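Contents of the following structure include vaniprevir.
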Amino acid sequence: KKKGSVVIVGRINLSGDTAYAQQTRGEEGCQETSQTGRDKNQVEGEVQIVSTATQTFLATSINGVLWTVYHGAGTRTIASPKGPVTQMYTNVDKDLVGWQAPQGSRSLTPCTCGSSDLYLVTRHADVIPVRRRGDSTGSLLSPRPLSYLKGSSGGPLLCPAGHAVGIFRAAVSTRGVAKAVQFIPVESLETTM
Ligand SMILES: CC[C@@H]1C[C@]1(NC(=O)[C@@H]1C[C@@H]2CN1C(=O)[C@H](C(C)(C)C)NC(=O)OCC(C)(C)CCCCc1cccc3c1CN(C3)C(=O)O2)C(=O)NS(=O)(=O)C1CC1
Ligand SMILES: [Zn+2]
């Protein structure tokens, strides 16, 4: 047996004045696309909603690279119009993986603002205010149950300008309440690159 490819099943629309999620592919289609690695669907935007046979999470475009977490993706190839695409970046120590950004997608610019007022984008297209607390952490202004954040790993942390500050990695949870988030800083990405 072989593991399937990661498959783009949707995206987070941040184009207009309203953030909302869009599904671009259903479950049977996903199942098939994962097996073949052949995905002919048009890709749009910065924030992709992705899937394996077993898990669903997010993937983010930064500097022409579609980024996600190792815990979600493993070493899996990504489904594309011309077949499975091998990872160009793999880092288990950082819970980080990357593939060449798919044609049609748009990439976010790495932040150079040195600013601590951030915004987390969830799988549900919720825009969550986060205050930066260190190189890798940030507190939620309004804490949420873990449930609310689940499946958002691989999504972005944005600055007020819209620059990418980082990739959501793990939640800081106490007795099911998430008071903070842990992320992969964009500098780590730039370094990997
Ligand atoms: C539910 C929303 C969570 C965002 C999310 N991530 C996770 O679920 C990750 C996956 C796993 C656990 N975890 C946690 O968030 C846990 C938690 C809440 C489950 C209890 N937090 C924790 O241990 O904090 C503790 C903390 C000290 C802050 C960790 C810092 C170091 C973190 C770290 C550094 C380097 C490597 C690795 C890690 C952590 N890491 C590998 C790893 O494999 O973590 C997700 O949404 N996942 S998902 O559902 O989309 C999945 C399908 C893809
Ligand atoms: Zn910025």
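Start at 1 with the first residue, then count along the sequence. Below, each value reflects all heavy atoms present in this structure, side chains not excepted, and no hydrogens, waters or symmetry copies. The way this entry was determined, per its header, is X-ray crystallography, 2.4 Å. One-based numbering, in listed order, for ligands and for the atoms of each.
The structure holds vaniprevir at ligand 1. Short version: main partner of vaniprevir (ligand 1), named per the PDB entry, is NS3 protease. For atom 1 (C) of vaniprevir (ligand 1), a protein heavy-atom neighbour is found at a distance under 4.0 Å. Within 4.0 Å of atom 35 (C) of vaniprevir (ligand 1), at least one protein heavy atom is present.
Checked by distance only, vaniprevir (ligand 1) and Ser153 come closer than 3.5 Å through their nitrogen or oxygen atoms. Residue-level proximity to vaniprevir (ligand 1) for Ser152 is carried by the backbone, the only part with a heavy atom below 4.0 angstrom. In this structure, atom 46 (O) of vaniprevir (ligand 1) has protein heavy atoms in its sub-4.0 angstrom surroundings. For atom 26 (C) of vaniprevir (ligand 1), no protein heavy-atom neighbour is present inside the 4.0 Å cut-off. Within the 4.0 Å cut-off (strictly below), no protein heavy atom is located near atom 12 (C) of vaniprevir (ligand 1). Of the protein's non-hydrogen atoms, the one nearest atom 37 (C) of vaniprevir (ligand 1) is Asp95 CB, 3.7 Å. In this PDB entry, the source organism listed for chain A is Hepatitis C virus. Residue, atom and distance of the protein heavy atom nearest to atom 49 (O) of vaniprevir (ligand 1) are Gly151 N, 3.0 Å. In terms of N/O distances under 3.5 Å, vaniprevir (ligand 1) is not approached by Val172. Of the protein's heavy atoms, none falls inside 4.0 Å of atom 20 (C) of vaniprevir (ligand 1). Residue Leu149 approaches vaniprevir (ligand 1) through these ligand atoms, each under 4.0 Å from one of its heavy atoms: 2 (C), 46 (O).
Looking at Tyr70 against vaniprevir (ligand 1), nothing comes within 4.0 Å, counting heavy atoms.
Residue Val181 places every heavy atom at 4.0 Å or more from vaniprevir (ligand 1). The distance from vaniprevir (ligand 1) to the heavy atoms of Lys150 drops below 4.0 Å at these ligand atoms: 1 (C), 2 (C), 46 (O), 49 (O).
Proximity annotation for atom 33 (C) of vaniprevir (ligand 1): of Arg169, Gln55, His71, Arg169 comes nearest, heavy atoms only.
Residues contacting vaniprevir (ligand 1) within 4.0 Å (heavy-atom distance) are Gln55, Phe57, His71, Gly72, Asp93, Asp95, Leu146, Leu149, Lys150, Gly151, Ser152, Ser153, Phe168, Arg169, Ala170, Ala171, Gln182.
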